[PDB]
Student: 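This file holds Protease with saquinavir bound.
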Number of protein chains: 2
Amino acid sequence: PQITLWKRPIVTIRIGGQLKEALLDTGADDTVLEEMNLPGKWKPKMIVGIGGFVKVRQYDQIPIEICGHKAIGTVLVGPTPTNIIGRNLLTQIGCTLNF
Amino acid sequence: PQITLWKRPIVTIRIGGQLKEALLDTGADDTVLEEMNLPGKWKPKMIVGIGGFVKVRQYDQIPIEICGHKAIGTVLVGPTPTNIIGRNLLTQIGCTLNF
Ligand SMILES: CC(C)(C)NC(=O)[C@@H]1C[C@@H]2CCCC[C@@H]2CN1C[C@@H](O)[C@H](Cc1ccccc1)NC(=O)[C@H](CC(N)=O)NC(=O)c1ccc2ccccc2n1
């Protein structure tokens with residue numbers, strides 16, 4: 001579908017049977033979810049936001065359903081005020097910006 | 001244009017006769033550029049993202065050309081790690097997300 005920008009481009013996501021909302025964020029390199037126990041091994045990572053760096057945990061090959069579209073990839077988990085879907089997964093669902 | 005997300009959706013903007021690079025950013029409410037001089041009385045403003053708060057200077061009704069498309073709106077100026085074009089201006093240039 002086409003998603004307009006008058007309000008925040010937030011969509012339903014599904015991950016491990018969890019139902020959540022998330023931002024479709026063309027400015028995020030990476031996908032950052034609020035805190036949750038994901039399976040598998042995680043590595044610590046420092047990522048940049050507008051206010052500075054935060055420490056997060058990187059899990060790989062995590063499947064996630066975005067707006068009825070299957071995606072599988074790297075997911076970062078840390079102290080974010082919002083679930084954020086980044087370019088790494090946005091490309092997988094064929095998302096473009098148009099103007 | 002249609003812009004894909006395998007690389008950062010970075011474009012050239014023109015502002016105040018200056019050319020700059022900025023990130024097309026659907027997950028940002030606001031347009032935030034690195035420190036520079038703009039004409040006008042400006043309000044001190046605090047904004048927030050990942051890593052927390054940023055102190056910025058709010059300039060209103062600023063003309064800015066984004067990839068050939070003209071906008072006139074609010075530009076926040078401050079110690080952001082990267083220039084970003086947010087929804088306040090993405091909407092002015094008719095920008096949508098599509099998959
Ligand atoms: C998610 C992560 C991988 C860390 N990426 C980023 O954060 C990159 C970092 C880049 C380099 C530095 C400058 C910003 C760009 C773009 N950002 C993405 C980017 O799109 C980012 C995502 C985001 C959304 C919501 C909450 C937090 C963070 N937006 C923002 O930082 C902008 C700043 C603004 N006022 O416009 N934010 C917000 O719109 C915003 C909205 C509600 C909030 C509620 C509580 C706390 C913070 C909130 N921030």
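Chain A is the first sequence line, chain B the second, and so forth, proteins listed ahead of strands; every chain is numbered from 1. We count ligands from 1, going down the list as the structure has it; atoms in each ligand are counted the same way.
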Student: So, with a 4.0 Å heavy-atom cut-off, what else is touching saquinavir (ligand 1)? Just the chain letters, please.
Tutor: A, B
Student: Residue-level breakdown please: for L23(A) versus saquinavir (ligand 1), do any non-hydrogen atoms fall below 4.0 Å on the side chain, on the backbone, on both, or on neither?
Tutor: side chain
Student: What are the atoms of saquinavir (ligand 1), with element, lying closer than 4.0 Å to any heavy atom of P81(A)?
Tutor: 45 (C), 46 (C), 47 (C)
Student: Which of the listed options, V48(A), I84(A), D30(A), holds the heavy atom that is closest to atom 5 (N) of saquinavir (ligand 1)?
Tutor: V48(A)
Student: With a 4.0 Å heavy-atom cut-off (strictly under), which part of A28(B) contacts saquinavir (ligand 1): side chain, backbone, both or neither?
Tutor: both
Student: Would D29(B) count as being in polar contact with saquinavir (ligand 1), using the rule that some N or O on each side must be under 3.5 angstrom apart?
Tutor: yes
Student: Run the numbers for me: atoms of saquinavir (ligand 1), each under 4.0 Å from some heavy atom of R8(A), listed by number.
Tutor: 41 (C), 42 (C)
Student: Between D25(A) and saquinavir (ligand 1), which residue portion shows a heavy-atom distance shorter than 4.0 Å: side chain, backbone, both, or neither?
Tutor: side chain
Student: Under 4.0 Å, heavy atoms only, figure out whether saquinavir (ligand 1) is touched by the backbone of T80(B), its side chain, both or neither.
Tutor: side chain
Student: Any atoms of saquinavir (ligand 1) less than 4.0 Å from a non-hydrogen atom of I50(A)? List them with their elements.
Tutor: 31 (O)
Student: Please list, in number order, the atoms of saquinavir (ligand 1) under 4.0 Å from a heavy atom of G27(B).
Tutor: 20 (O), 21 (C), 22 (C), 23 (C), 24 (C), 29 (N), 37 (N), 38 (C), 39 (O)
Student: What is the residue-level binding site of saquinavir (ligand 1) with heavy atoms closer than 4.0 Å?
Tutor: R8(A), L23(A), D25(A), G27(A), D30(A), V32(A), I47(A), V48(A), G49(A), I50(A), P81(A), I84(A), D25(B), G27(B), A28(B), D29(B), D30(B), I47(B), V48(B), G49(B), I50(B), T80(B), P81(B), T82(B), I84(B)
